[PDB]
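Heads up, this one has GZD824 in it.
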Amino acid sequence: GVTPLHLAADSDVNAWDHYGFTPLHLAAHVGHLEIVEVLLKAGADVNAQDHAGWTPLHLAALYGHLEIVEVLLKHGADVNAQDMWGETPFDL
Amino acid sequence: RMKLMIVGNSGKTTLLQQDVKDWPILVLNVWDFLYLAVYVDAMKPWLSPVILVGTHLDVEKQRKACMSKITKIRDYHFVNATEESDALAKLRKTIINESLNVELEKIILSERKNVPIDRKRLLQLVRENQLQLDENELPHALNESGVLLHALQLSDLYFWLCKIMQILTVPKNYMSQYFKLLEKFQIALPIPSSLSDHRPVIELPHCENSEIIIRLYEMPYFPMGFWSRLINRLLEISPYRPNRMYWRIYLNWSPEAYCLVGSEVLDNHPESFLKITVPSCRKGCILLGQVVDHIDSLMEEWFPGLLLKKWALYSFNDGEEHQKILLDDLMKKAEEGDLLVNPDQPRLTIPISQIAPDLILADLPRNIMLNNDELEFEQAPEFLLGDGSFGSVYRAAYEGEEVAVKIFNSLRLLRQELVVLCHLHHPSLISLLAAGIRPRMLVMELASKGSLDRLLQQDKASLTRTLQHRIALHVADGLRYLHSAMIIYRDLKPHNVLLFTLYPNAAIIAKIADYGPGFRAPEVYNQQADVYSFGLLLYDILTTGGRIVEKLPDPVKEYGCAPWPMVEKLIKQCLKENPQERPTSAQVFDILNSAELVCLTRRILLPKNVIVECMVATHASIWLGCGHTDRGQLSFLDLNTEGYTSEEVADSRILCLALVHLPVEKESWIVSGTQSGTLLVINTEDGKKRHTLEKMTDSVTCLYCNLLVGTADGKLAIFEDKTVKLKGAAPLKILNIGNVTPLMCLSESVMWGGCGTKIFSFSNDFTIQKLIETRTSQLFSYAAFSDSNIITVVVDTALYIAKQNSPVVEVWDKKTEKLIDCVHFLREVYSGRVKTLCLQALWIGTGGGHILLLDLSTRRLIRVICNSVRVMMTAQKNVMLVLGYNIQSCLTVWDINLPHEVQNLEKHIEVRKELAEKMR
Ligand SMILES: Cc1ccc(C(=O)Nc2ccc(CN3CCN(C)CC3)c(C(F)(F)F)c2)cc1C#Cc1cnc2[nH]ncc2c1
């Protein structure tokens, strides 16, 4: 239930998999800053959510990839959005 | 205020001036359809007092004769005029004298009756304060005043009044309510009630006297609405093609099965006759029995009382006039023998089965008539069953098997009970064995262990948890079945629960019986009262003694029984005071038909806004590491008294906990690994005797007792169990495996562990024996999960290993050094990411509050089961502890039998259902 864009992000722009992770989510999760920037420049949904409510900013700041956080913020992202548990990318 | 009604045959509204209206006489509401009787036979069905008044007799002695025809009623008045009568003032004075000889709701009704065509309660709350009684103020309150009328389903939220009930002349919710009311008011039937008043010409059946059974009902007066009610109820008749003709019933199914239920009157007779003509064969007598049963039910429920005479017509020889004999005489003859003999020349006789085939219980189902030879039926006094507490029941033997015999002294009750019983075949309902014709009795199967009431009173030791669940589940099944057939049990009591087998895995354990008070709903019935009674019964099952020994108190606190979560909630919701909020019996059974209902021993909720990251179990009690702040708080939760305590012991968040045991000196020290890297050793006996071991370079993330310390830099430090008590103890050796790669897993079974993305093994010599790289499994799950830290390791024959923020659990063979998807299991049956594992079966606690269960052979999903899981582990009756979050912390103590018992029930119910599939 994944598209080659999913695998490219790991190693459609908003198509989701079993876990709700769109390419963006996985790009901000693994730590590929360039892939995140490419995806936002390609028209990504910086306000998307997975099956657990996490946003691309959530995974970007969840692992310490602050450069991806800045790239998302400069591209219309919401810094106060909440997850399933109500936490924000600022919280993580 | 008062209600006045015009009754009788006929000025109607002409005499009312002296359909609903208002008139002061004190103000009254007049309905033209005390009670005023306008004057000769319609007054008897009307009979609250009735006043006789002449029908404007202005057309003398004739009026007096007509009055004395019926009078020789409260009084008589000669109002002999359509207007301005001489005695009109006298009639008004008499009516005033007769009439003279929820107040808040009455006041509020004026505002209530302001609907141009539910929300009325809001109007009762906006402009009133006492109406806040709500539940206690609206139990019956409006139908008593004829305004805003409200088992009618369309009555709770429904509130044209009586004139439209208009259909006799010729909103969707309003139309549905009108249809329901017309069905209730017997104006229209779910086959009209005013079809015709002339009996249609009937077909010609067999007219032989020896071939027909004729039952006559001589009634002096016809009650009003009798025929319409009989038409409505003479429809659920079955001989196992209803060519039905309707008039003010010719129900013929076959040339040998028909009921000619009609009414008539002879020329030389002032009363009325109801005639039933049935064929005297094997099938028609069933129809006759059903028709007699329905007529008796109508004259007992709808129209109590009514002197009614029952005759049966018999002819010794064909071609002779039918001779009518009272049913009491025929019953006496059937009790004495089975032949009616002519008193004159006693040589011609006729069996009762050919005359009154309902006094000898004739034509009962083929598999049910009692064979007088096989059964013992020895109803000797003092050879009772239950010492007579079950009525007049003794013991006997039917076909070599013991049975219970109930003697019936009075034929009405036996036939009513048999008709009730012949359509109740359920695994949880006691089943009919013998009809019991000649002794006039009823024989049932026997329960060896008495009733459940006796078990709860005395034999409490043998009643285990699974036995309680099985009894309650079977009784709920029975109640649900009873309500499925629109049958209402009176009051479900422990005395009505018979126990056959005490083996917990048997298909049937408890049964419901009714051998002809405190277990009462607040409203009293209705099935909501039955659910209330079942809630009380389950309260008395969970609490073994309970209310049968002596708004309810909490069962696990008043009586001190072992806690049973998910059953106390069911009791609470069943015993809800509002009948609309009680669950239906089907829903109650589904709640009982729960795998997690039996095993869930304990459920503890921790103080609000507390975060616990790790726990350990003493061997009951639990130590917990609070992580809702930047201070190291150690909490102590007692699983018995739920005495949650906490204290600050460290300057940094406590990350891991372990328990060193020293049987040599009988010591037990809890070691706490903190974020700053300090191992805090505290004697579990007292918190004062505490110290610290050698401080680690980085955070301490895992501790195991064999004492092994895993840090955030992979520096596994080995501590001898006897040197844990040594203050500032230095480890004998340190593996130093990994890099600045946390060592977070350590398990026994040579023993193994996990750090970063590598698995290591080592023996008693404490050096690396096997190293396995777990990033080679990136083709099965992408690098977002494999490249995470390793958080859990368990072992039986292959290492089951779980990584941080990953819903995938991997399996690695311990020999060749080389796949459970939790999202798949969750979707088939919500975050998915694995937070903890444990082993016994494999238990996987995911971040969304689910606890997946797997077998250790084929990794098959058993059950998926507070919406987070932080850590699950074993403890000791072996149990499982699970900790999760809501943030409101959650502790859940299951019975480790959980993988097995929930399987049993899955088969149990099934085989039990099979019995129903065989009982139909
Ligand atoms: C000897 C005997 C005769 C009759 C019954 C009986 O109950 N029949 C019966 C009738 C009707 C109904 C259902 N109606 C519907 C609505 N009504 C308003 C309420 C109920 C039920 C149902 F069950 F469905 F409710 C059961 C039990 C025994 C027995 C026995 C026995 C067996 N074993 C034993 N061991 N020790 C003692 C002992 C005693």
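A note on names: the letters A, B, ... follow the listed sequences, proteins ahead of strands, and every chain is numbered from 1. First listed ligand is number 1; within each ligand, the first listed atom is number 1. Quick note: numbers below take in every heavy atom, side chains included, and nothing from hydrogens, waters or symmetry partners.
Bound to GZD824 with the most contacts here is the chain that the PDB entry lists as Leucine-rich repeat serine/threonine-protein kinase 2.
Other chains with one or more heavy atoms under 4.0 Å from any atom of GZD824: B. Applying a cut-off of 4.0 Å to heavy atoms, one finds the binding site of GZD824 to be B:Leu385, B:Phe390, B:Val393, B:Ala404, B:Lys406, B:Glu417, B:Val420, B:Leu421, B:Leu424, B:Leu429, B:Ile430, B:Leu442, B:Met444, B:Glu445, B:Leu446, B:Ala447, B:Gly450, B:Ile487, B:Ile488, B:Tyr489, B:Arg490, B:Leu498, B:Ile512, B:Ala513, B:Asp514, B:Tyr515. Within 4.0 Å of GZD824, counting heavy atoms, one finds these UniProt ATP-binding residues of chain B: B:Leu385, B:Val393, B:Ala404, B:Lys406, B:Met444, B:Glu445, B:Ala447, B:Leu498, B:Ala513, B:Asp514. Mapped onto UniProt domains, most residues of chain B near GZD824 sit in Protein kinase.
Nearest UniProt active-site residue of chain B to GZD824, heavy-atom distance to 1 Å: B:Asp491, 7 Å.
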